[PDB]
There are 2 protein chains.
Amino acid sequence: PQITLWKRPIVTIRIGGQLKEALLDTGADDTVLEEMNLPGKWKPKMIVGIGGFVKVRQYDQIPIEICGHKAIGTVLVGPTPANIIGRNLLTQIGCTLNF
Amino acid sequence: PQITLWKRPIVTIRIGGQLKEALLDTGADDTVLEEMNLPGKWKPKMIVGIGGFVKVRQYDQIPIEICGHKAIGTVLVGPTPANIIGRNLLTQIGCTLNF
Ligand SMILES: COC(=O)N[C@H](C(=O)N[C@@H](Cc1ccccc1)[C@@H](O)CN(Cc1ccc(-c2ccccn2)cc1)NC(=O)[C@@H](NC(=O)OC)C(C)(C)C)C(C)(C)C
């Protein structure tokens, strides 16, 4: 689909049977999810947002369905005011910016 | 143009005759540039994202050219970790996400 930017580009995601909403974010290197229990091992990672660095948990090889497209990759879990789908998964679903 | 996301979508912008690099950022409501002097009235503003709050200066009705596409709108200036073109200006240049 084509998604305009008049409002926040928020779409429905499905992860582990959890139905959620997430922001498609070209300014995000990584995918960052609100607190949820994900399976398998994790390790800390420090990532930077507008207000500086925060510590998050990094889980690898997590499948996520984004607007009906299958993705699988690294998902970070931590203090965020929104679920954010970053470029690591946007590339997987063939997302581009067009103007 | 069409811009893919395997690297950060960094583009050159022109503002006040000055050339800068900035990130095309669908996850940003606002446009935020590193410290610089811009003309006229400005208002202190607080903005929020991952890592918390940041104090910036708001300048309105500022001409800015993004990849040769003209915009005139609000530019926030402050200690941002990255120069960011947000939706306020992405919409002015007709940007969309496509997949
Ligand atoms: C290399 O670092 C990154 O890629 N950092 C990403 C990041 O923070 N990206 C920022 C832009 C950025 C890039 C590099 C360094 C610092 C910042 C944005 O793409 C996402 N971000 C994170 C974000 C996104 C959405 C929201 C939000 C808030 C209220 C309701 C819904 N969503 C909050 C934070 N947005 C904002 O912080 C914006 N905030 C905003 O639009 O607030 C409404 C600003 C910018 C205008 C301040 C993540 C931590 C998500 C990976």
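Chains are designated A, B, ... according to the position of each sequence line. In chain A, numbers come from the PDB entry; the residues present are 1-99, in order. Here chain B follows the PDB entry, giving residues 1-99 in order. Indexing begins at 1, ligand by ligand and atom by atom, following the structure's order. Per deposition record, X-ray crystallography, 1.6 Å.
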Worksheet entry | Chief macromolecule bound to ligand 1 (the PDB entry) | Protease
Discussion item. I keep forgetting: which drug shows up at ligand 1?
Written reply: atazanavir
Discussion item. Could you check which other chains have heavy atoms less than 4.0 Å from atazanavir (ligand 1)?
Written reply: A, B
Discussion item. What would you say the binding site of atazanavir (ligand 1) is, if we count heavy atoms under 4.0 Å?
Written reply: A:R8, A:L23, A:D25, A:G27, A:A28, A:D29, A:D30, A:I47, A:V48, A:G49, A:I50, A:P81, A:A82, A:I84, B:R8, B:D25, B:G27, B:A28, B:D29, B:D30, B:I47, B:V48, B:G49, B:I50, B:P81, B:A82, B:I84
Worksheet entry | Close-contact set for atazanavir (ligand 1) against A:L23 heavy atoms, below 4.0 Å | 24 (C), 25 (C)
Worksheet entry | Distance from atom 17 (C) of atazanavir (ligand 1) to nearest protein heavy atom, with residue and atom | A:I50 N, 3.7 Å
Item to complete: Starting from atom 2 (O) of atazanavir (ligand 1), find the nearest protein heavy-atom neighbour and note its residue, name and distance.
Response: A:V48 O, 3.3 Å
Discussion item. I want to know if atazanavir (ligand 1) touches A:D29 in the polar sense, i.e. an N/O pair below 3.5 angstrom.
Written reply: yes
Practice prompt. Specify the protein heavy atom at minimum distance from atom 32 (N) of atazanavir (ligand 1): its residue, its atom name, and the distance to 0.1 Å.
Written response: A:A82 CB, 3.6 Å
Worksheet entry | Nearest-neighbour protein heavy atom for atom 8 (O) of atazanavir (ligand 1), which is reported as residue plus atom name and distance | A:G49 CA, 3.4 Å
Worksheet item: Of all the non-hydrogen atoms in the protein, which one sits nearest to atom 33 (C) of atazanavir (ligand 1), and at what distance?
Response: A:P81 CG, 3.3 Å
Discussion item. I need the nearest protein heavy-atom contact for atom 29 (C) of atazanavir (ligand 1): residue, atom name and distance, please.
Written reply: A:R8 NH1, 3.8 Å
Worksheet item: If you measure every N/O of A:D30 against every N/O of atazanavir (ligand 1), is any gap under 3.5 Å?
Response: no
Worksheet item: To the nearest 0.1 Å, how far is atom 11 (C) of atazanavir (ligand 1) from its closest protein heavy atom, and which atom is that?
Response: B:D25 OD2, 3.2 Å
Worksheet item: If you measure every N/O of A:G27 against every N/O of atazanavir (ligand 1), is any gap under 3.5 Å?
Response: yes
Worksheet entry | Taking atom 22 (C) of atazanavir (ligand 1) as the reference point, the nearest protein heavy atom with its distance | A:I84 CD1, 4.2 Å
